[PDB]
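Overview of a structure with trichlormethiazide.
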Amino acid sequence: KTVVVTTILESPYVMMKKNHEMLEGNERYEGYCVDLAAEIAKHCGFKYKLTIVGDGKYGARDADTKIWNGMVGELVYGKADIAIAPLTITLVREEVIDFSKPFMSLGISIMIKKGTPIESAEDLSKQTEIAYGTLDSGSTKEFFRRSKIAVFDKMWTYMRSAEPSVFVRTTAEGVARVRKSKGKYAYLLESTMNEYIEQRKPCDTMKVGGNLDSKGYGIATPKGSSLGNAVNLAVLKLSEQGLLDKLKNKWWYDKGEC
Amino acid sequence: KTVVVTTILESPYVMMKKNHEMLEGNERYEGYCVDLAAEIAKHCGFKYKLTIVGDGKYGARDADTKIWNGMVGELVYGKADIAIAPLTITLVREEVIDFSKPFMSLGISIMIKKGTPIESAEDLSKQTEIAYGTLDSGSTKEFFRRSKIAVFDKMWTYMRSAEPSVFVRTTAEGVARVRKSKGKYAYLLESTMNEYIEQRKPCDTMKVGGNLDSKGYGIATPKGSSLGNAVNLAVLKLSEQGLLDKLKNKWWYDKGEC
Amino acid sequence: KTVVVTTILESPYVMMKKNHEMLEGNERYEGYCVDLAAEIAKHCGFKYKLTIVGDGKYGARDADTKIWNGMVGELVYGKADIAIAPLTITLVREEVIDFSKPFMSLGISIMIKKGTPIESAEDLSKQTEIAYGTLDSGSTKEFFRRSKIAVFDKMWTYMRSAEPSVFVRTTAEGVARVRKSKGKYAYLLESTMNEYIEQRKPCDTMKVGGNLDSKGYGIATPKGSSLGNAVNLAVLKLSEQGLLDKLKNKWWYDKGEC
Ligand SMILES: NS(=O)(=O)c1cc2c(cc1Cl)N[C@@H](C(Cl)Cl)NS2(=O)=O
Ligand SMILES: NS(=O)(=O)c1cc2c(cc1Cl)N[C@@H](C(Cl)Cl)NS2(=O)=O
Ligand SMILES: NS(=O)(=O)c1cc2c(cc1Cl)N[C@@H](C(Cl)Cl)NS2(=O)=O
Ligand SMILES: N[C@@H](CCC(=O)O)C(=O)O
Ligand SMILES: N[C@@H](CCC(=O)O)C(=O)O
Ligand SMILES: N[C@@H](CCC(=O)O)C(=O)O
Ligand SMILES: [Zn+2]
């Protein structure tokens, strides 16, 4: 039984392998999460099909509709057997899907175009010149939507009324937006992505500040999926074998272009 | 059946005719909106009675009570069939009443007694010496109250807290307050009134800076009224036949005194 | 359902990005109306497909055939769910389609090559040296065609009978013609496009005089469409949150080249 892995195009976790669009199969993709999926499938002894979540969303439960979209939805509604993505372990997702132990640590972080007078979330919150937003339908946005933390809950008050929307559809759009914004837009996103981008040409962005929180990417499987246990042990195996570090190095730093 | 037209004594939209005491019914009044109402009535083929809004207000929803006052309330509660007044098309209002397309454009503008060291909203927001307020129960106030724009949020933060109240009940009061404040009061009001006032003796006020927002006056009708369509088309007709411009010229600039 | 947004390639409202040779769906497009469509959609919470009106016309009822072309037609004949375009609210159009409140004001204005012996429509109406025309199949043409106003009537009389046609198929054609005409052609186009063009290199054109009239672009939906309401409310929300002015700034002025 081929495990349907839901994942999302998000560098460097999962990326079309240059010139593999026209291709098919898992080999098309590359990235930390593709390798991870590999080491996971190998350690759990399963065949998997990497599928890119249709709506290209990580997963959020639509308010009112209550319907999970993105990779979470995939798992929740049985469209996918497992999500091997920079899928943030969050409480609201862990209620509806299972998460392996984190295979990666990240925090919400601020990406700014280099030179933006922003050193912290506080800075962002304390000012108006510089818009900032998050991926919509992602844990970051939810982090802010939900945070009682005075500075975030506020950053949210701003972001949620912000217009144009400070929310971007994709990390690339946030990043593009930061780059295109002449520093007038700060993108709140996961330090791992932020760190990846920081290391990619045009190298005009950087992570400033520490992370606004600490979380992890877990491999998500549907609630009570039998894969969960295997995958979880796999992740831990992988972690202890230094594979995750090896992978993170491979995908973040070994290709550093800055 | 005689259309009850709610309107508001607001120059030069609706004004008691110099005599007026010797006149009855519609003929008491003259002004852009009286003329507009005449042509709207003629073009929608209804007989109407101009009636001034009891509370002389345009209309805002009372927080807590959620009751609408002013012309909006007159429509909302079925005291009037139509509002033909410089009634600003706003989101909260369009939610409870219908507006023809705007028959007049306006923006929130600043009226200052001539010679006030203010050239913009940013200026007012940046200082404390010159008070500034808007008509309460009006769209200008609601604009600031609901504005997320840094400068206006600041301004609203100030105005909402200003003591004594920077808000006025009538434009006449705001205008008087400007004229009497020796430049210590800037009146945030709609450019149309501001322009009109600018052009009337004592010619001591002026609009400064551009409009803070762009909006329109719409002939309002109760949500889902039949008149709405007719009135809307009549407004478009009147607009296109140049009547609106002819009326605006007649009432704003033909009478100019400065 | 995915709302089908008809709109028109008209800078800066809707324009092909720059690599629209590598993007799909809505991201191929950029511009004020593209941004407008996005927030409109985000606020009305619908998915949309931007689709450029086939005939690249705005909408005019073909005399004799009585068939609406352009985006009006697209809406009138059910090909589009909504037009998010510099579509002029006009009487004839509101008779067949629904317009939101205007999301942008404009007036018919005269674009002349900078330094053209023209300062007004009266000026144009008085002379024959400077040809002037409008966009054909536009509200601007129809304004003149249908104008009862002596001057615009004379101008119409002139334009309709001017040879070669003073009318142009596109704004670019009109603009090019202004430029190429060494100032012997005045383009009567909406102030907004006039202003946009003014702001674009070669900066050889300018809006002269006031507008001949005042109208707005509204987001159009088929008559009695459910969307109309939400979109109208969206437009108002957006307008009040300063979005439309931000967009206007972003697309007109923030890239100003003159
Ligand atoms: N940085 S940290 O060690 O304090 C830290 C780490 C994690 C925290 C919280 C904190 Cl304060 N949350 C967990 C979530 Cl998955 Cl429930 N992940 S974590 O990276 O181990
Ligand atoms: N300039 S103005 O305020 O007098 C003005 C504005 C509009 C008018 C007419 C006039 Cl006279 N027409 C409407 C059309 Cl949509 Cl029926 N639009 S408008 O910009 O609000
Ligand atoms: N300044 S502008 O022309 O771009 C403009 C005009 C109107 C906007 C917003 C903007 Cl940004 N909002 C609408 C709503 Cl208030 Cl009914 N009216 S408008 O005058 O056509
Ligand atoms: N990793 C995030 C997506 C990126 C973000 O939200 O910043 C998630 O699972 O929702
Ligand atoms: N036209 C405004 C009143 C004037 C103002 O608010 O300044 C309204 O409809 O509320
Ligand atoms: N916006 C216009 C087109 C341009 C023009 O007519 O000048 C319309 O809706 O017809
Ligand atoms: Zn390969």
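Residue numbers start from 1 in every chain, and the chains themselves are labelled A, B, ... in the order their sequence lines are given, proteins ahead of strands. Counting convention: from 1, in listed order, for ligands and their atoms alike.
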| Which components of the model should be assigned to trichlormethiazide? | ligands 1, 2 and 3
| Which polymer chain has more close contacts with trichlormethiazide (ligand 2) than any other, using its name in UniProt? | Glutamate receptor 2
| message | Mind listing the other chains that have a heavy atom within less than 4.0 Å of trichlormethiazide (ligand 2)? | response | B, C
| Which residues from other chains neighbour trichlormethiazide (ligand 2) at a non-hydrogen distance under 4.0 Å? | B/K101, B/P102, B/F103, B/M104, B/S105, B/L236, B/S239, B/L244, B/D245, B/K248, C/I89, C/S214, C/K215
| task | Considering the heavy atoms of B/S239, write down every atom of trichlormethiazide (ligand 2) situated less than 4.0 Å from one of them. | result | 8 (C), 9 (C), 12 (N), 13 (C), 14 (C), 16 (Cl)
| field | B/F103: numbered trichlormethiazide (ligand 2) atoms lying under 4.0 Å from its heavy atoms | value | 5 (C), 8 (C), 9 (C), 10 (C)
| request: Taking only heavy atoms of B/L236 into account, list the atoms of trichlormethiazide (ligand 2) that are under 4.0 Å away from them. | output: 14 (C), 15 (Cl), 16 (Cl)
| query | Is there a nitrogen or oxygen of B/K101 sitting under 3.5 Å from a nitrogen or oxygen of trichlormethiazide (ligand 2)? | reply | no
| Which of the L-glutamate-binding residues recorded by UniProt for chain B place a non-hydrogen atom closer than 4.0 Å to trichlormethiazide (ligand 2)? | none
| field | Polar atom proximity, B/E240 to trichlormethiazide (ligand 2) (N or O, under 3.5 Å) | value | no
| message | Please check whether B/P102 reaches trichlormethiazide (ligand 2) - meaning an N/O of the residue sits under 3.5 Å from an N/O of the ligand, judged on distance alone. | response | yes
